[PDB]
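Chains: lettered A, B, ... by order of sequence lines. Chain A is numbered as in the PDB entry; the shown residues are, in order, 1-264. Heads up, chain B uses the PDB entry numbers, so what you see runs 1-264. Side chains included, hydrogens not; waters and symmetry mates left out as well; all remaining heavy atoms used. Header entry for method reads X-ray crystallography, 1.0 Å. We count ligands from 1, going down the list as the structure has it; atoms in each ligand are counted the same way.
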There are 2 protein chains.
Amino acid sequence: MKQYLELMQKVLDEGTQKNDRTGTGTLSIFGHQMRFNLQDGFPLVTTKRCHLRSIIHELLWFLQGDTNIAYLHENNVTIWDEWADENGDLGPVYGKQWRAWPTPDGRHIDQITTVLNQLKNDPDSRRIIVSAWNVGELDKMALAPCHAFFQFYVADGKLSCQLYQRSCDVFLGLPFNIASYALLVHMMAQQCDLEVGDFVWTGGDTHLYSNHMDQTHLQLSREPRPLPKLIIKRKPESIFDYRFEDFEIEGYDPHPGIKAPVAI
Amino acid sequence: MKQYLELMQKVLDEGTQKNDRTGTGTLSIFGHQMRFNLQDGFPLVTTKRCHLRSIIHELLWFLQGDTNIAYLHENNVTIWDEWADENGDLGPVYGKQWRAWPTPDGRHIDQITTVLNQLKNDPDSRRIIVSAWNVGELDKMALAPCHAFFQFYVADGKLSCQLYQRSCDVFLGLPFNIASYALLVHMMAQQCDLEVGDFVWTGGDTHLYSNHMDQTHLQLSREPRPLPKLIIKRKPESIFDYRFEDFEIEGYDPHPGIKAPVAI
Ligand SMILES: C#CCN(Cc1ccc2[nH]c(N)nc(=O)c2c1)c1ccc(C(=O)N[C@@H](CCC(=O)O)C(=O)O)cc1
Ligand SMILES: C#CCN(Cc1ccc2[nH]c(N)nc(=O)c2c1)c1ccc(C(=O)N[C@@H](CCC(=O)O)C(=O)O)cc1
Ligand SMILES: *[C@H]1CC(=O)NC(=O)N1[C@H]1C[C@H](O)[C@@H](COP(=O)(O)O)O1
Ligand SMILES: *[C@H]1CC(=O)NC(=O)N1[C@H]1C[C@H](O)[C@@H](COP(=O)(O)O)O1
Ligand code: NA
């Protein structure tokens, strides 16, 4: 996509070398923002073939409140394998915080239900927030939350969302993160009888791994194709009752896939 | 400042009308970003005189972990009066979360101490975060955190910080928020023997109150002046040991202060 290739080029033009946790090394910038008007089309990268089925299953898994990879394996999705323990557990990562953030007095807060009720009852609220950054549980998580903090907004009958992504693997992770949040906006909008607005993506440490540079430049040589179109075939009774088969992506005509290794 | 006035003009030109919590009404946009290179000067708005005494003492109060306004009153700072209870308490707002975030099991994390140790021991980390958005304590806070989530970053010997500000009163709040985080970067850089980098400001619901239009037109008629310079006159033993008298803002030549009532 235009915005995505422009970000790649910005990291290349303005980034600096950094060592990193994984021992791989990155080229890194700090701070970026871009927007996707979801009425233009569904923002799935076209300059390489992306594995959409994994994106959908990962989001459904988050929405169930799950943090063990068994459900992903049942659906032939392997994207979380490298960080799970011997029983498949990642600890209290995204799904757990989204559905059941633990409070100091023994409560748990379902932030997804909270947001939905805020959008329906008080859409001009400035507090329509989900946070995965539960400071008191970070040490139990297999990785710290990358897509950390997000906010909804309504104007002119349209639902928008902004994500603060504190750490972004531009080549491997970002295509998934953009599509995932776009899908969530569509689902949330359907449940609220709203149209879709913008997905606003904001980055913290926004980086290209040192072993993704040939792949990145191959991708930058390619022209984006038309955005595909997302069709939802049913309105479930709640945001938690979607199924994989409720979604179809039309007109997706990507350039060939480009393989790259993930940094563990 | 140029970027601040561009944002103010953008809210006027593009903002849509909201019926907010306070009943006042706003013009609002969603999703914006600005960048202040702190080596270009200290980013204190010059198109009105900003009350440095209040900005500095509020930050020192946060760093103490204090959420009662008595300390502010001892220093003739009244910016939090309208939301405090009869005992001066605001509940577990910024200072409490920064210094004593409660875990579910009865422990505490001092996020500021953690960040200082990350900057000194793991400056490449992508996890150097402070969150005030403690979902499980929102119901006890007098207002929800505006400056909600922030991140530090180190590259080539320079310390940067990005703030996610989920709700921004462009007229009254934003000049304080920019200066406060810029001052924090200078203090942390001093304690870590780093140079200052960028302050990146990211906004969610970014608004002008409907009773601030005259004041907005006045400020937009004024040209910005060169930025001042921050001088730290004493290097304290830790990030927790600063005092108001340690700071001097040199070369600050603002236009006159503008009087505008806060929306409660
Ligand atoms: C974000 C996110 C979700 N996740 C979770 C996740 C977990 C740890 C991470 N660690 C690192 N270093 N980068 C990531 O982006 C990252 C992402 C993903 C993990 C891997 C791939 C990936 O390897 N994609 C390959 C193969 C896809 C496939 O299985 O077919 C690709 O070519 O796209 C994508 C997303
Ligand atoms: C951000 C932040 C901190 N805070 C906390 C705070 C609390 C509630 C809020 N509520 C609303 N509606 N807007 C705010 O920006 C806001 C800010 C501030 C509160 C008031 C002023 C203010 O009235 N400033 C005036 C007068 C300053 C003085 O001389 O006392 C000004 O002219 O600047 C500034 C900051
Ligand atoms: C993390 C998971 C995700 O959804 N998106 C990403 O892009 N993620 C990337 C960011 C880093 O490259 C890595 C996490 O490592 P750190 O915790 O930042 O060291 O995964
Ligand atoms: C809140 C405090 C701060 O530091 N900055 C701000 O700009 N703040 C403004 C934002 C809103 O106008 C108001 C808070 O009200 P909501 O919780 O957003 O309804 O104060
Ligand atoms: Na798969």
Undergrad: Tell me which chain touches ligand 2 most, using the name in UniProt.
TA: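 Per UniProt, the chief partner is Thymidylate synthase.
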Undergrad: Give the name, out of TAK-960, CB3717, UCN-01, of the drug at ligand 2.
TA: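 Of those, it's CB3717.
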Undergrad: Would you pull out the other chains with a heavy atom less than 4.0 Å from CB3717 (ligand 2)?
TA: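 Other chains in heavy-atom contact: B.
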Undergrad: When you measure from atom 11 (C) of CB3717 (ligand 2) to every protein heavy atom, which one gives the shortest distance, and what is it?
TA: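 The answer is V262(B) CG2, 3.5 Å.
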Undergrad: Just wondering which dUMP-binding residues from UniProt for chain B are within 4.0 Å of CB3717 (ligand 2), heavy-atom wise.
TA: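 Of the UniProt binders, a heavy atom is that close in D169(B), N177(B), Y209(B).
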Undergrad: Using a strict cut-off of 4.0 Å, what other ligands or ions are found near CB3717 (ligand 2)?
TA: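 By number and name, ligand 4 (2'-deoxy-5'-uridylic acid).
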Undergrad: Among all protein heavy atoms, pick the one closest to atom 31 (C) of CB3717 (ligand 2) and tell me residue, atom and distance.
TA: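 For atom 31 (C) of CB3717 (ligand 2), the nearest protein heavy atom is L172(B) CD2, 3.9 Å.
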Undergrad: Identify the closest protein heavy atom to atom 21 (C) of CB3717 (ligand 2): which residue and atom is it, and at what distance?
TA: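 Closest protein heavy atom to atom 21 (C) of CB3717 (ligand 2): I79(B) CG2, 3.9 Å.
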Undergrad: In the protein, which heavy atom is nearest to atom 3 (C) of CB3717 (ligand 2), and how far is it?
TA: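 In this structure, atom 3 (C) of CB3717 (ligand 2) has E58(B) OE2, 3.3 Å as its nearest protein heavy atom.
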Undergrad: Less than 4.0 Å from atom 17 (C) of CB3717 (ligand 2), is there any heavy atom belonging to the protein?
TA: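 No, there is none.
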Undergrad: Among all the protein's heavy atoms, is there at least one whose distance to atom 26 (C) of CB3717 (ligand 2) comes out below 4.0 Å?
TA: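 It does not; no protein heavy atom is within 4.0 Å.
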Undergrad: Can you tell me the protein heavy atom closest to atom 14 (C) of CB3717 (ligand 2) and the distance?
TA: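 Atom 14 (C) of CB3717 (ligand 2) sits closest to the protein heavy atom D169(B) OD2, 3.6 Å.
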Undergrad: Show me which atoms of CB3717 (ligand 2) lie under 4.0 Å from any heavy atom of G173(B).
TA: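 By the 4.0 Å cutoff, the relevant atoms are 1 (C), 15 (O).
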Undergrad: Could you check atom 32 (O) of CB3717 (ligand 2) against the protein and tell me its nearest heavy-atom contact, residue, atom and distance included?
TA: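 The answer is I258(B) O, 3.6 Å.
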Undergrad: If you have a sec, work out which protein heavy atom is nearest atom 8 (C) of CB3717 (ligand 2) and how many Å separate them, to one decimal?
TA: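 Sorting protein heavy atoms by distance from atom 8 (C) of CB3717 (ligand 2) puts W83(B) CH2, 3.3 Å first.
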Undergrad: Taking distance alone, with no angle check, do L174(B) and CB3717 (ligand 2) share an N/O pair under 3.5 Å?
TA: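 No.
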Undergrad: Using heavy atoms only, determine which UniProt active-site residue in chain B is nearest to CB3717 (ligand 2) and give the distance to 1 Å.
TA: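 The UniProt active-site residue closest in heavy-atom terms is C146(B), 6 Å.
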Undergrad: Just which atoms of CB3717 (ligand 2) are under 4.0 Å from any heavy atom in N177(B)?
TA: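 Heavy-atom distances to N177(B) below 4.0 Å select 1 (C).
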Undergrad: How far is atom 2 (C) of CB3717 (ligand 2) from its nearest protein heavy atom, and which residue and atom is that?
TA: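 Checked against all protein heavy atoms, atom 2 (C) of CB3717 (ligand 2) sits closest to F176(B) CB, 3.7 Å.
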Undergrad: If the contact criterion is a heavy-atom separation under 4.0 Å, does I264(B) count as touching CB3717 (ligand 2)?
TA: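 Contact absent.
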Undergrad: Hey, does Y209(B) sit under 4.0 Å from CB3717 (ligand 2) if you only count heavy atoms?
TA: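 Contact check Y209(B) vs CB3717 (ligand 2): positive.
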Undergrad: Can you list the CB3717 (ligand 2) atoms lying under 4.0 Å from a non-hydrogen atom of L143(B)?
TA: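 In order of numbering, the contacting atoms are 8 (C).
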Undergrad: Mind listing the residues near CB3717 (ligand 2)? I'm using heavy atoms under 4.0 Å.
TA: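 Counting heavy atoms, it is made of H51(B), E58(B), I79(B), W80(B), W83(B), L143(B), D169(B), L172(B), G173(B), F176(B), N177(B), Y209(B), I258(B), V262(B), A263(B).
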